[PDB]
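Below, a PDB structure including tacrine.
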Amino acid sequence: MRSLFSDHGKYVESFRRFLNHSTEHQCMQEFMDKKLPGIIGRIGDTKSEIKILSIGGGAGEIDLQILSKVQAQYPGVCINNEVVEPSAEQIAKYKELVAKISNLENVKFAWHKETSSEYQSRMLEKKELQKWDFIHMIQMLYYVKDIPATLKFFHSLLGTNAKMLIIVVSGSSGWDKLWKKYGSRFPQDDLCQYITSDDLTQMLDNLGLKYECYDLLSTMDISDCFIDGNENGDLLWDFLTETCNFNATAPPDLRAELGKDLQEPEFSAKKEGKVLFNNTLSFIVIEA
Ligand SMILES: Nc1c2c(nc3ccccc13)CCCC2
C-alpha cells in the first residue's frame, strides 16, 4: 500500500472531492464571521501597521477573509501579510487569487517558499527577532515535525495584544476514532502525523501557554463510498485513508471493518438520504 501523499495528482483530486462533499469551507467561514471579529478586536490598537503571518498558503481564500475582518476593524491602517509556504504551486495559485481581487490597497503581500521550520531557523539566525500582531496556522500542523518547539517559537513572536489562531480536527470527531483504531494499519508517512485538538491542548498545557478552544460541527458526505465501483465513492476512500486506490490495493479483511465502522455512529451520523462523517473542527486561540 502506497500512501496518497506520494501521488501529488491523486492527492489533489481526492482533496478536491473532499471539499466538494463536505462543510469544511462553510465551517471556517462561519468562524470568520461570527467569532474572528471579536478575537482580532484589538490587535491593531495603537499601531500604524498591522503584521499578519500566515504559516500555510493552502487557504488563500481564508487568508483573504481574515484581512477583510481585520481591515474592517482598522480602516486606513496599512496591513503587512507574509506567507510561509513550501510549495511553489501553492504560492503561484495564491498570487493568482490576490491579483483577481479589486480593492486591497492597504495591504502588502510577501511570499516565502520554505517550511515553518526552515523559516524558523533562518530567523533564529538574524540577531534581531521581529514581532507579529496576528499569526495563524490553518490545518497544517500535521505536516510539522516538532510541534512543541513550533508552538513555543511562534508564540514568542507575538507582539502586544497579539494572537495566534490554530485550526485542527477536533478530538471528538470521526478522524480521531478512525486514526486511533486503524491508523496503525495504514501507510505511516514520515512527513505526516495524525493530530487532533487533544494532543494540542495537552502540549499547550505543558508549555504553560494560555489559550481558548472552540469546536464547530462540520460533516463529510461519504455516501458514494458505499456503492462499490463508484468513481467518487472511491476518491473519498483514498482521502479518508490517505492511501492510493484504497479498494483495489488493500486487504479485503480491512476494507470490511471500515465499511461496517464508517456507518457506525461514533464515526458518522445517518441523516435524510446521506451518511455524514464527523468533520468537527477545533479553533485554538492563544494569547501573547
Ligand atoms: N480535514 C483535513 C484533514 C487532513 N488535511 C487537511 C489539509 C487542508 C484542510 C483540511 C484537511 C489530513 C488528515 C485528516 C483530515
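The numbers used for chain A are those of the PDB entry, and the residues that appear cover 5-292, in sequence. The basis for the numbers below is simple: all heavy atoms, side chains too, and nothing from hydrogens, waters or symmetry mates. In each ligand, atom 1 is the first atom listed, and ligand 1 is the first ligand listed.
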Inset, instruction - Identify the macromolecule bound to tacrine in this structure with the most contacts, using its name in the PDB entry. - result: Histamine N-methyltransferase
Legend entry - 4.0 Å heavy-atom contacts with tacrine: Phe19, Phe22, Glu28, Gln143, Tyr147, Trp179, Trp183, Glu246
Inset, instruction - Pick out, from the UniProt substrate-binding residues of chain A, those with a heavy atom under 4.0 Å from tacrine. - result: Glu28
